[PDB]
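What follows is a single structure, written as structure tokens, with notes after it.
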There are 4 protein chains.
Amino acid sequence: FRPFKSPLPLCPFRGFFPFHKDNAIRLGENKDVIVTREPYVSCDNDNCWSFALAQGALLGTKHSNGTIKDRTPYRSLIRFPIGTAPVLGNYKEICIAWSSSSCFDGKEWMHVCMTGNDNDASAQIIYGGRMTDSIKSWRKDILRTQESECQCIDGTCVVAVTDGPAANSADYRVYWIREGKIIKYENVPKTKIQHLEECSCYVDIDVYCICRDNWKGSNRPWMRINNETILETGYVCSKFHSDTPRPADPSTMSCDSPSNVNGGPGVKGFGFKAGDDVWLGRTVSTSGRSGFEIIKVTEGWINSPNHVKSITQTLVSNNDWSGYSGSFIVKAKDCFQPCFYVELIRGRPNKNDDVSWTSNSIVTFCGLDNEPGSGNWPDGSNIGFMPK
Amino acid sequence: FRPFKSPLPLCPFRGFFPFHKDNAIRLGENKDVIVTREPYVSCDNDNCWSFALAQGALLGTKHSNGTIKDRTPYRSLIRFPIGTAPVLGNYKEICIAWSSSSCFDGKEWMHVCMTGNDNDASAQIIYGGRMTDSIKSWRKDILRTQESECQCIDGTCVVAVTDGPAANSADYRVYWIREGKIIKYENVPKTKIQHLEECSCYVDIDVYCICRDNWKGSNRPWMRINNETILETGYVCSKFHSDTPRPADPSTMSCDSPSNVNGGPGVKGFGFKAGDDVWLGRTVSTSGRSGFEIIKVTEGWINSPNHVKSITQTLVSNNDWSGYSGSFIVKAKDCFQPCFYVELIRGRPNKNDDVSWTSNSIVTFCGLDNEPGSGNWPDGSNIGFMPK
Amino acid sequence: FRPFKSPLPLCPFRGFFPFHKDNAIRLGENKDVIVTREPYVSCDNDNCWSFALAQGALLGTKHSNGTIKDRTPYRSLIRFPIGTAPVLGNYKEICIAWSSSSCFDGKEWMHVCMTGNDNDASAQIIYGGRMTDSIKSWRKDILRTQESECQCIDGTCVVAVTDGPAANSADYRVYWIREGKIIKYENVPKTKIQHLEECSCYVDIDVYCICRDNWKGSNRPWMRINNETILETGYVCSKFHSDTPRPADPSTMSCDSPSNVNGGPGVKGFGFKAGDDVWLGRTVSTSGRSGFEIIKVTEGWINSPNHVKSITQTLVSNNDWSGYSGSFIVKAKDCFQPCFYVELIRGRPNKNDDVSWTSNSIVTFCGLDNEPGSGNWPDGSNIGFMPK
Amino acid sequence: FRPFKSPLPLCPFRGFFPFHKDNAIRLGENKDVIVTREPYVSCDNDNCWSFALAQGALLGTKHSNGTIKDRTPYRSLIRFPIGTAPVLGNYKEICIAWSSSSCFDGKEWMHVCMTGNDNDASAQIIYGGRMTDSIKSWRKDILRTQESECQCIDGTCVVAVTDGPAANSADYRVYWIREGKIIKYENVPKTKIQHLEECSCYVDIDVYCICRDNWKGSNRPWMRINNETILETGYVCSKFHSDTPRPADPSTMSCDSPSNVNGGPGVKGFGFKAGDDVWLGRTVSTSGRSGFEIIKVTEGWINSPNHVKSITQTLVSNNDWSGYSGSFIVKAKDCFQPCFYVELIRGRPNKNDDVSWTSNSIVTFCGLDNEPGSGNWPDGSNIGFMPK
Ligand SMILES: *[C@@H]1O[C@H](CO[C@@H]2O[C@@H](C)[C@@H](O)[C@@H](O)[C@@H]2O)[C@@H](O[C@@H]2O[C@H](CO)[C@@H](O)[C@H](O)[C@H]2NC(C)=O)[C@H](O)[C@H]1NC(C)=O
Ligand SMILES: *[C@@H]1O[C@H](CO[C@@H]2O[C@@H](C)[C@@H](O)[C@@H](O)[C@@H]2O)[C@@H](O[C@@H]2O[C@H](CO)[C@@H](O)[C@H](O)[C@H]2NC(C)=O)[C@H](O)[C@H]1NC(C)=O
Ligand SMILES: *[C@@H]1O[C@H](CO[C@@H]2O[C@@H](C)[C@@H](O)[C@@H](O)[C@@H]2O)[C@@H](O[C@@H]2O[C@H](CO)[C@@H](O)[C@H](O)[C@H]2NC(C)=O)[C@H](O)[C@H]1NC(C)=O
Ligand SMILES: *[C@@H]1O[C@H](CO[C@@H]2O[C@@H](C)[C@@H](O)[C@@H](O)[C@@H]2O)[C@@H](O[C@@H]2O[C@H](CO)[C@@H](O)[C@H](O)[C@H]2NC(C)=O)[C@H](O)[C@H]1NC(C)=O
Ligand SMILES: *[C@@H]1O[C@H](CO[C@@H]2O[C@@H](C)[C@@H](O)[C@@H](O)[C@@H]2O)[C@@H](O[C@@H]2O[C@H](CO)[C@@H](O)[C@H](O)[C@H]2NC(C)=O)[C@H](O)[C@H]1NC(C)=O
Ligand SMILES: *[C@@H]1O[C@H](CO[C@@H]2O[C@@H](C)[C@@H](O)[C@@H](O)[C@@H]2O)[C@@H](O[C@@H]2O[C@H](CO)[C@@H](O)[C@H](O)[C@H]2NC(C)=O)[C@H](O)[C@H]1NC(C)=O
Ligand SMILES: *[C@@H]1O[C@H](CO[C@@H]2O[C@@H](C)[C@@H](O)[C@@H](O)[C@@H]2O)[C@@H](O[C@@H]2O[C@H](CO)[C@@H](O)[C@H](O)[C@H]2NC(C)=O)[C@H](O)[C@H]1NC(C)=O
Ligand SMILES: *[C@@H]1O[C@H](CO[C@@H]2O[C@@H](C)[C@@H](O)[C@@H](O)[C@@H]2O)[C@@H](O[C@@H]2O[C@H](CO)[C@@H](O)[C@H](O)[C@H]2NC(C)=O)[C@H](O)[C@H]1NC(C)=O
Ligand SMILES: CO[C@@H]([C@@H]1OC(C(=O)O)=C[C@H](NC(=N)N)[C@H]1NC(C)=O)[C@H](O)CO
Ligand SMILES: CO[C@@H]([C@@H]1OC(C(=O)O)=C[C@H](NC(=N)N)[C@H]1NC(C)=O)[C@H](O)CO
Ligand SMILES: CO[C@@H]([C@@H]1OC(C(=O)O)=C[C@H](NC(=N)N)[C@H]1NC(C)=O)[C@H](O)CO
Ligand SMILES: CO[C@@H]([C@@H]1OC(C(=O)O)=C[C@H](NC(=N)N)[C@H]1NC(C)=O)[C@H](O)CO
Ligand SMILES: [Ca+2]
Ligand SMILES: [Ca+2]
Ligand SMILES: [Ca+2]
Ligand SMILES: [Ca+2]
Ligand SMILES: [Ca+2]
């Protein structure tokens, strides 16, 4: 017997440490590795797992040509051992999907899988391996979700979903799902948040989600949610913004609305509230998906004249490609440990990655209440060595 | 301790949703994938699995040349994770077989495996990994079975078997098997059914099988069976027929006999009775194994002047190759969820598939009581990219 | 908790049926498959497994050249799913070995692994994954063992071992081993048996072993053994002999001594006593390792003028290569089911197998109390398709 | 429920026997095998495992060029079945690491993983799959650890760590870690030990570590440790030294200080105290990493005029390459069995290994209280057959 996962507080932490790294592109030089993008990490009672949206092709084969394309019927959510490269011998196929979320409720895995035509997609809800429910696109405009783990509290899982324009007002919802059955949804209040996609969520008593505003916000929207309702919304106050693109530091302190500067498009990213402070992941570049650093901003969660970057860990150099990043948690004794992954995108459309495909590798970090050292953990592939 | 699977009713449903897709041909471009055909899906308490008849060769190797051939000693029933491509690193070999059925009784797996000479074949019964019984060909003419999951109720499994001509009167039997031991068989009554092969079965209190008449019927034969006997037989009443080949819609309402129009040969297919209505899978083409759609026919299960196609979901476009299809069930709370798979055949003898081999990929769908969206989930391989 | 395996009687049977087939050479065309020889099968409570002596090389690679050689330091006993081809992604390495035996006692696996110099070999005893004991060569002349499963009764396993000349008087021993610890050994009486190697054993209340006389016997030596001592020895009475080479049928009824005709060398083979009758596997050829058939000889176990071949099943045609064969058992309700495997050798030194390597595939059969059909299940590889 | 591993005595033994061998380089001829170095073995309740530091590349691919390099961000500790070659289909990634140790406490696995810049590395402590603690480099000079299994007693694991110069005075510490939490550390006394790296440890009531002095000692430093403190330190008294390089036999009896002859650099090696005697592994060459033998020195653990090599087993000939070696233990009834592995390095910088990469295979041996035979179990690869 296993109890449902509980609403624990986040563990104390003061820095992030290298965890798992898959080196998937390097290891894919001989065409063994499945083409992927939009990876994430989620854990059950026994194991942490890598998930990603596969492209139904092996890296460097003719079918991998043109995999920059976001949505095809040949994309599936796949799962593979954390820190391993995805190969035909080690992967599991979870569901057909070109957008997804996964989370473990303490007893079973739930997954949310979107597929189908852009104007008539549906999300399949999978629970314990069985398709238990679905969501039909209601705005008929690329129904889509987190691309990282959802969160479950006392048996009820919450997941954020969007349907509507990429660069104009869209519909944003939170769905509450219990043992695979949709219990209710709420439209996210638009009093503060103006655009929301690709939420990265974690648990700190309540569920906290830090997301992507693809329209007018260079600052990230956020929500605080419990097993019943949305409790609070906003944008991260930090005058040091963390979307890409974004303005140079420092920019506007915008707690209650999108910055309206360098607002579109964006990249999936994450953060962790820590008291009144906030930790924010971001690309090193303000314009491109290169480099990765995590900053701690003093009083960055609140409206304050005192924001300062008290810590910056540079984890992937700006000479290296990054991509999406997202939060995941690991249960400690009586708290959840904050961790994250970084997607390291190689191939199109990255300048000088002269191959026809698009894929990624993964690196991950976890928070501890200790001082970290320093290093650089980029993809590491010599693109000139790769089959094109 | 695990109880035997019970005679539950079918869950309510109003449409079908994309579940798992293996993209096996696409992923086999570099010769990693085992050549297969006649795939199906069946689930135990912990996992749903892909099964297929392998050809004892890897796709695109010299030994894959000529795998259009149906029966060889080098064919085995293999099992692999659902939605994954079959590779040497992930498959299990169940038994030697060029025709098969598999089902889980709640405690253990049973399999039925036919192999040997066309005029002296035998079916091996495997239960919990052990060969427990057998059936010797009695008509000496290609003893053969479902090519999809059998069904087990209260510990007794039922499976349909045929021996005799492909295009004339043959012998059709149902076998009842308990913990791997044959308990009894019955010759299927020939009062209505005139030819029967490749039954696709599910449980809705009783076992229902919808099969292939390869001789005179463009409509599909069916049986209703319990743990003791055959209860009822017929052909699906729907004036919209679902074998391939078949006449244009609408054709004859033939509840009690083969249509006698476009009667031979056929393709394995499936259906689900829903009250007085019926859902029927079929190729989009009336002549060839291209496309796949599922239709709901109002009052299509009964003798009625009111048959109408109330729903048509097009799941594989007529510009894409399909093949066999079959039912499987997944246990919900107190009902069984209806699901199906579609075999997507590539290679010989498909026009313009210029390769020497014959194989397939798989796509699957499950029924929910929700409205579906729409899409297209074909094999997706560019045959020109493949080793020949 | 699992009890030790008990001394059950052999199940009734009247014919043998195709079980698992790995098609390993066919599937090794693209160099994925590990080079092996001397395979066998043994089962635990949950699974039957293939075992074989690997050669530390992949089929068709440069390191596979010259693998006809019997003993090297690069040979290991490996285990892989029954009926699958051995690949790097699915195998387990059990121990370093150029001769081996394995058996499951109901709780744990025991293995016997010989390796080292021809004149100073040692056998390592492995139990539950731990090296628990050893046997040092005492005749300093290729200490060697069964190359098929040993047998365990009430927690005590018995295994036959030989040290000494291949074609002159040698030493033959049975070792009794309990939870991996050698309890005792006995020198096999030489009152009847004059040479003994490669015993194929099964349980029918007591352990019965049918072996290979490599010196003067075209008939096979046998032993009956319990958990404490050797009870009986002899040669199989059947005037239809079953070693290879051997005389044409009928030859001598030699219950108590080697035939002294076509006596050397031999091939590993097996048999099953059934009342006063005996079932014997053999190559179809009297001179070479081609073809495979199993015969039932009426009163073939005893001294009788009435020996007749009442049944012959031809399982591999004489146009196809065979090799070693051995018995294994599978627990039924209150009896053990007799099964066997046949090694299908391809490569050197087989005439017209124009490759530099030597390897094998496997086919298996089990006994049932039903009448079998007929067929042919040879290796199936086109040697001209293979990397050399 | 599983109890913590207990402080058992070492089993009696009088020789070492071949256990598992992976033949990884031979099997990597077709580019399937992951590039590794610094392998070791460690066991849990169910299985013994191979561990190694991967290089994030497949053997013989372009990314394998230059893998002689010791520390990169693309190195991970990986785990794979003992005696198998590491491939993408069978490996697990444990953590990012260019130096590591692993051990099982009876309930869960602990790992110590160093990565990052040479002057700012950190060690991540992993327990039951979760990152639980860390150690920050304090001398800022290649924080590093055992490269073989640590040892755990009554739930407290001990591991030796070094930070500082390779060929001058450095800092050496033992860390005590319980359920992944650092409890305390001690600086190793420098009264006797002058330089210490790469400890090979085992349990004989207390933990004993035999290490590498890379500075002035051709004799090996050692420590005796319990769950609370360092109890004793020294250098192995044996006048037959066992580092590489080292002087010809016999050299100095140096129980309390480095020999000061042929003192730098060294190789990781191991030993086992047996009463007043000692068993020591060593390369056959006094200058290079070729060959492997294990010697027993009478009274070699103590200060005595009576040291004599009473036994020498030659396990890898001096015509073959060796490398690192280390101890591991396997639980017997009421004692621990002493075992070891030998790393067989192929590629750069080995003379005449004309390839651009550096990797290894593994061979292992276990101690029994029986007399061994003899043999030779080298890597076995023909380097001329390998992709460069
Ligand atoms: C939602 O969960 C609560 C229990 O969690 C608490 O309340 C949440 C809203 C959130 O604040 C958490 O951090 C809290 O820990 C459930 O409330 C329980 O309901 C049962 C049945 O009525 C009752 O017996 C318990 O006493 C309640 N516990 C508390 C503290 O009120 C509630 O049922 C959950 N709601 C749903 C829709 O499942
Ligand atoms: C990646 O693919 C492109 C496009 O391939 C072409 O169109 C595809 C849909 C498919 O039908 C292919 O068979 C076609 O070749 C390749 O670009 C083409 O290259 C060919 C050959 O040099 C050239 O004749 C065409 O003009 C190109 N077409 C376009 C649209 O630019 C490209 O070469 C592939 N990249 C690699 C590394 O193979
Ligand atoms: C077959 O199953 C029945 C139980 O299932 C019921 O009857 C079936 C024929 C079918 O109608 C199902 O939908 C029903 O749920 C077994 O009948 C039981 O037998 C035992 C022993 O005699 C008796 O104690 C129970 O009361 C019976 N149950 C009922 C409802 O009659 C029957 O034994 C099964 N037959 C075989 C051959 O196994
Ligand atoms: C697929 O195989 C056919 C047939 O192969 C021939 O017969 C087989 C049984 C086997 O013995 C092969 O070695 C033979 O080559 C191939 O068709 C043959 O092609 C060859 C070479 O071009 C030609 O000489 C023959 O006339 C052809 N034979 C027939 C019956 O048509 C065919 O090329 C193979 N396809 C591919 C893609 O390799
Ligand atoms: C060997 O096994 C017997 C039990 O098996 C029986 O005797 C064998 C020799 C063989 O004939 C089998 O087919 C039989 O089933 C053990 O005998 C038992 O010993 C215990 C302890 O003394 C005693 O309590 C039981 O009554 C005995 N059983 C019988 C039937 O005698 C014997 O201990 C085993 N010997 C060894 C060395 O383990
Ligand atoms: C299989 O190997 C043989 C022998 O290979 C030679 O000796 C080996 C031990 C190793 O050192 C190899 O590098 C050697 O080439 C091959 O037979 C040799 O072939 C070569 C090249 O044609 C020729 O020069 C030699 O005379 C041959 N030597 C002998 C002893 O006959 C053989 O070609 C290999 N087979 C295949 C299919 O590659
Ligand atoms: C360390 O372990 C001891 C138990 O192990 C014994 O003492 C070790 C130092 C070493 O000598 C081993 O070989 C011995 O077997 C723990 O001592 C126990 O502590 C508890 C709580 O106080 C007490 O109830 C027991 O009686 C103690 N046992 C003995 C024999 O003294 C000790 O707690 C461990 N220390 C740590 C830090 O965990
Ligand atoms: C192993 O790699 C070396 C070095 O490769 C060069 O530098 C690397 C960092 C990378 O940028 C490669 O693309 C470079 O080629 C190879 O040595 C070089 O070989 C090339 C081609 O012959 C030659 O032009 C250079 O002078 C060489 N450079 C050096 C530093 O010596 C070497 O060939 C590779 N080995 C193998 C077996 O491929
Ligand atoms: C369409 O672009 C959206 C997503 O963008 C990106 C990215 O690399 O920026 C990857 C996704 N790829 C997939 N998840 N497959 C997209 N999301 C989808 C649904 O296409 C964006 O958020 C605007 O709506
Ligand atoms: C012989 O043809 C039968 C089966 O047909 C087909 C198909 O693609 O139409 C595949 C099978 N392939 C295998 N199951 N291997 C055949 N069935 C067999 C037993 O050959 C048909 O149903 C008439 O009897
Ligand atoms: C040496 O020949 C013996 C074994 O023979 C054969 C065979 O194919 O005939 C395979 C073995 N191969 C291995 N088990 N590796 C040999 N047995 C050994 C130990 O070499 C024979 O039984 C005479 O003693
Ligand atoms: C730097 O050299 C150290 C280690 O040396 C060696 C070896 O082959 O001699 C392998 C290691 N490789 C790795 N563990 N990766 C090194 N150790 C490290 C940390 O580099 C040496 O002990 C001196 O400090
Ligand atoms: Ca390959
Ligand atoms: Ca933005
Ligand atoms: Ca028909
Ligand atoms: Ca003979
Ligand atoms: Ca030294």
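Each chain gets a letter, A, B and so on, in the order the sequences are listed, and its residues count up from 1. Recorded method is X-ray crystallography, 1.7 Å. In what follows, every heavy atom counts, from backbone to side chain, and hydrogens, waters and symmetry copies are set aside. As the structure lists them, so they are numbered: ligands from 1, and atoms in each ligand from 1.
Drug at ligand 11: laninamivir.
Contacts with laninamivir (ligand 11) are greatest for the chain named in the PDB entry as Neuraminidase. Those other chains that come under 4.0 Å from laninamivir (ligand 11), heavy atoms only, are C. Atom 3 (C) of laninamivir (ligand 11) is not flagged as protein-proximal [any protein heavy atom, distance under 4.0 Å].
Atom 15 (N) of laninamivir (ligand 11) has as its closest protein heavy atom C:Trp98 O, 2.8 Å. Nearest to atom 20 (O) of laninamivir (ligand 11) among the protein's heavy atoms is C:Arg71 NH1, 2.9 Å. Note: no N/O pair closer than 3.5 Å links C:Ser99 and laninamivir (ligand 11) by distance alone. In this PDB entry, the source organism listed for chain C is Influenza A virus.
Given atom 24 (O) of laninamivir (ligand 11), the protein heavy atom at minimum distance is C:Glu197 OE2, 2.6 Å. Considering backbone and side-chain atoms alike, C:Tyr324 places an N or O below 3.5 Å from some N or O of laninamivir (ligand 11). The residue among C:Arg75, C:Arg289, C:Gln55 with a heavy atom at the shortest distance from atom 9 (O) of laninamivir (ligand 11) is C:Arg289. Under the 4.0 angstrom criterion for non-hydrogen atoms, C:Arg212 is in contact with laninamivir (ligand 11).
With a 4.0 Å cut-off on non-hydrogen atoms, C:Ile142 touches laninamivir (ligand 11) through its side chain and not its backbone. Heavy atoms within 4.0 Å of laninamivir (ligand 11) belong to C:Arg37, C:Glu38, C:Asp70, C:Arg71, C:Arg75, C:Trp98, C:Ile142, C:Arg144, C:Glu147, C:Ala166, C:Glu197, C:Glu198, C:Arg212, C:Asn214, C:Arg289, C:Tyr324.
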